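Letters go in sequence order (proteins before strands), and every chain restarts at 1. Remember, it's 1-based here, ligands and their atoms both numbered in the order they're listed. Only heavy atoms go into these numbers, but all of them, side chains included; no hydrogens, no water, no symmetry mates.
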Amino acid sequence: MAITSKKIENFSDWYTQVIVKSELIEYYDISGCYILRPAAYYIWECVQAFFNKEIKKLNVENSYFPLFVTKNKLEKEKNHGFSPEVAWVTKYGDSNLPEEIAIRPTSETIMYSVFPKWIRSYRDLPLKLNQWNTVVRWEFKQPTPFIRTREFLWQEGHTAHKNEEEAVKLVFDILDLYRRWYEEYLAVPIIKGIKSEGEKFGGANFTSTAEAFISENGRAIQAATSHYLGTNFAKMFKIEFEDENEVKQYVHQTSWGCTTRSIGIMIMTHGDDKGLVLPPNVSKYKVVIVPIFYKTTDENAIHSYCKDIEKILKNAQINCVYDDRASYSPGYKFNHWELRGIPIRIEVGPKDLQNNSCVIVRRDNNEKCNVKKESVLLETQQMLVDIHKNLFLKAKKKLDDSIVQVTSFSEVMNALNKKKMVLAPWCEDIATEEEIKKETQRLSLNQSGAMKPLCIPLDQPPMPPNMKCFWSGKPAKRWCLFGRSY
Amino acid sequence: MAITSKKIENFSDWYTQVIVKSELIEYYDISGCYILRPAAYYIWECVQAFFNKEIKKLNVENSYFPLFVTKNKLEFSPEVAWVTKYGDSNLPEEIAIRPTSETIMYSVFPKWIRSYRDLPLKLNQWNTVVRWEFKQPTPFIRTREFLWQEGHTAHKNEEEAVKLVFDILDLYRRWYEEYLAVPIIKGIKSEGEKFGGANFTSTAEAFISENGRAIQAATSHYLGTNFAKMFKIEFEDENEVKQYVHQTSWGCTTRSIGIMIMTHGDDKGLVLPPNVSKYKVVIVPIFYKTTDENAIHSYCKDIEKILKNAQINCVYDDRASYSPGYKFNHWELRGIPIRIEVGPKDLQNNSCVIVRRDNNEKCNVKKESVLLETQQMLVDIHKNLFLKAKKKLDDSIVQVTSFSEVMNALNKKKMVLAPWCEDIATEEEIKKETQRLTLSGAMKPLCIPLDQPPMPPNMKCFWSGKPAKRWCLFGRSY
Ligand SMILES: Nc1ncnc2c1ncn2[C@@H]1O[C@H](COP(=O)(O)OP(=O)(O)NP(=O)(O)O)[C@@H](O)[C@H]1O
Ligand SMILES: Nc1ncnc2c1ncn2[C@@H]1O[C@H](COP(=O)(O)OP(=O)(O)NP(=O)(O)O)[C@@H](O)[C@H]1O
Ligand SMILES: O=C(C[C@H]1NCCC[C@@H]1O)Cn1cnc2cc(Br)c(Cl)cc2c1=O
Ligand SMILES: O=C(C[C@H]1NCCC[C@@H]1O)Cn1cnc2cc(Br)c(Cl)cc2c1=O
Ligand SMILES: [Mg+2]
Ligand SMILES: [Mg+2]
């Protein structure tokens, strides 16, 4: 088992190979659904634990609402173009249901229908809820393991506040928790930003977003969402509270979500030609121990040594595996565990046993270092930190190198052709969005190739005071990130 | 609000009132589906964190398998929900929502298991399933959708598998007893009540005194090679000989929450084992003057700090809209284990008043020691709840030798322990005759308990008169 396609040459097939052979997923006889094996789900558990800790600090309470929602309830607020993606239960056994029932594609209509019962006065606020659940969307866009799946795991938070300031504050708090969840657990850098009027969630006042970029195929991917919903849903669902004068006021809402797409983003960011590369924080085993016998008499000495090292790491709660299987060569094992993304390999040969040393090898850059057994615990600890740092830094470099700043449309296509995004001064007129889509599609016929507004970044470079929009020529308001996406 | 029906007098309405007014659930416009509000879901998270910790000591690895299973792979029948449409178009073939995941997982087990080095395979899922139940649903107890976990393992032999079966069963015991303060009885299902694909089903049974109802609390099966043969799950042993795997499966649902409520709830509302209550303590201030307000606020906050510094989550109810009485009632209703009242008189003593939820005992405590006496109290409450429940379980069993004795016992809201021949045949006979004489009156074999009383040398079966093999538990259920 080896990775047959190179990441830069054939990214799609490299991806499918990596995720199957590293034992993250199995494919399934229902298109767009994938089995999450222990190695994948472990990553989900880690980020889940982190995120739970941090939102409980914000006093968000977990909850669980039904998987099913009635047609009447799901469809109450007009359509507001999701309808072909709804999966419908039409019967139980061989008996038709009087009315069909939908599986949740998200929980707005389920939760907000009961919010008025729970919110009567200003004394009931804020209301802060989260769910860890599964949803179903029958994606017609190309399904891709983790990135776009028809059933996926995720978290949805919904809150309601007495005013705008408090809700918006929470929207950005959540957003930085997403930043930390990418950075600290997946070693993935993201760009924070505000979605254009064309790209935001229809029900939202504004949509803030974390964007990632896969440099290897030049594609941006939305990494997480955090919305200021204002009073839009409060009006739709009649969610009001009597204020301190017993005057009825609309709540100010937020919602926010992040999915197993994250695992996908992480795989694509750090994976190399040898396979999966895991940040230590989301790998079950931090270290693999591999014995080496240069045709040596005593297997048992080396075995006992290896065992000692394993006990040292395990006792320090650094989980590890000792691969003592007789039926595979050391080289086989090196490759096998590289493919599975074990952050550190420790090799023990006969020479090492004589010197009370061992050889430590980093998954990320393949650097080796002979070190004394009695120092392995401190070395390992530090190395697991270094690895994370390295991964993050490398990813950040690629991210920063993927942003070409431009001032006129004339520079754009070149940039797109080099698998980059563009940062451009933009008038933000809603009409220009589809225009820019159409033109970049058309011009891509020569080189979907359309580029779209990814986000208005929080980190704006200086805007020269007479600067014009790259596209319309009108006055430019802010810098916007554009690029091709998933 | 308060509880309008008494537990002993009208159990159903009491239960409905308690779950809604203590803010555990909201009813929903699809029958048998219930919203889990933060207080119920918190309970679920606690027992989940515990179970995860323990199965992870057994090298069980969590995973997630799809909600959907194809018609082919799936093939009880009318209980499955079918998705047949996306938007306005029909799926070319209908897909089911999982009622359980045996066919989803065991289909892929052959690919993952090649040799004894791949064994044991130990997987768990925290997920949801849907079963379209015929019976009227009961919040937590029997719901159309429920959360649960499913564990599935495959071992190289019978011995290892069976040992895992009972390790898991004990973990369920601890789930109920150390976290929900509910006593259970370990037993083995009769040959008609067991899981069909199983070699044997082990089970934990609970009982509700007040309505005389037995509830299956959790399951742990030895599956032997049944599924290994039907699904072709084989491993190369250490001599390169192919052998069938020996499998196990086990599960426990949000029903456990129900079992706890019913067990500990009283006529003031919810009663919670301290470890599954978000707030262990509510601190309530008591005023006379506007002058007192500051000194009592500070003091209160001080207590708060102490508790929270010792990782004891608590709520200071400094609301002015409400009287201390209303507060007491409100937080008792929501099942907070401890109430610390702080008044002026207490303030002059550097003391306060601590009040227990389970038995309403009050006592004065000096600020300096509040921490230590709260910790102890939280232990004591759990213990008291468990012990009391245990008594009520023990007094719920009536040992009989002939069917002559059964019926009075049943009608006293009891279950019977009887010597039985374990003839599958006798199982529906007994049920047809027990109800002849919104829930059924029939009684069924609950479990053949692991702790067997001695069987007198030639004792006859309480029903068929044939020789008795073992002592079995019989009773009414949901
Ligand atoms: N099918 C999917 N599988 C996995 N993750 C998804 C899927 N659809 C959306 N997400 C992610 O879920 C988060 C919440 O997304 P949401 O607001 O529901 O996205 P959306 O409106 O559907 N945008 P789109 O990706 O174009 O479908 C986003 O950060 C997406 O990255
Ligand atoms: N509808 C339900 N809601 C909640 N818990 C349930 C439900 N059905 C079964 N359980 C519990 O889930 C656990 C696993 O049992 P399982 O084998 O899945 O069902 P079961 O034994 O067939 N129960 P039943 O269908 O009522 O005869 C047991 O503790 C059951 O009591
Ligand atoms: O799901 C959303 C908005 C937000 N819901 C809570 C978590 C964070 C998330 O961004 C946008 N969205 C995305 N896909 C959908 C698909 C269908 Br089908 C429906 Cl009915 C509705 C939707 C839908 O509302
Ligand atoms: O669900 C089971 C057996 C075990 N599955 C894994 C966890 C523990 C549990 O006891 C029994 N069971 C109960 N109800 C079912 C309903 C339907 Br519909 C189907 Cl198809 C199958 C079943 C079914 O197999
Ligand atoms: Mg979408
Ligand atoms: Mg059933």
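In this entry, more contacts with ligand 4 come from one chain than from any other, and UniProt calls that chain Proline--tRNA ligase. The drug that appears at ligand 4 goes by the name halofuginone.
Under a 4.0 Å heavy-atom cut-off, the other chains found next to halofuginone (ligand 4) are B. The protein atom (non-hydrogen) at minimum distance from atom 19 (C) of halofuginone (ligand 4) is B/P99 CG, 3.5 Å. Residue contacts with halofuginone (ligand 4): B/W132 is excluded, as none of its non-hydrogen atoms falls under 4.0 Å. Residue contacts with halofuginone (ligand 4), taken as heavy atom pairs separated by less than 4.0 Å, involve B/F76 via backbone and side-chain atoms alike. Here the protein heavy atom with the shortest distance to atom 1 (O) of halofuginone (ligand 4) is B/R131 NH2, 3.3 Å.
Atoms of halofuginone (ligand 4) found under 4.0 Å from any heavy atom of B/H152 (numbered from 1 in listed order, with element): 6 (C). At the top of the distance list for atom 21 (C) of halofuginone (ligand 4), counting protein heavy atoms only, stands B/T100 CG2, 3.8 Å. Note: other ligands/ions under 4.0 Å from halofuginone (ligand 4) - ligand 2 (phosphoaminophosphonic acid-adenylate ester), ligand 6 (magnesium ion). Taking a cut-off of under 4.0 Å to the non-hydrogen atoms of B/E102, the atoms of halofuginone (ligand 4) that pass are 3 (C), 4 (C), 5 (N), 6 (C). For atom 9 (C) of halofuginone (ligand 4), the choice among B/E79, B/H221, B/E150, B/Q216 with the nearest heavy atom turns out to be B/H221. Of the residues UniProt lists as binding L-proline in chain B, a heavy atom under 4.0 Å from halofuginone (ligand 4) is found for B/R131, B/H221. The protein heavy atom nearest to atom 24 (O) of halofuginone (ligand 4) is B/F195 CE1, 3.4 Å. At a 4.0 Å heavy-atom cut-off, halofuginone (ligand 4) touches B/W148 through the side chain alone. With a non-hydrogen cut-off of 4.0 Å, the residues around halofuginone (ligand 4) amount to B/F76, B/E79, B/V80, B/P99, B/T100, B/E102, B/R131, B/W148, B/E150, B/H152, B/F195, B/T219, B/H221, B/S249, B/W250, B/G251.
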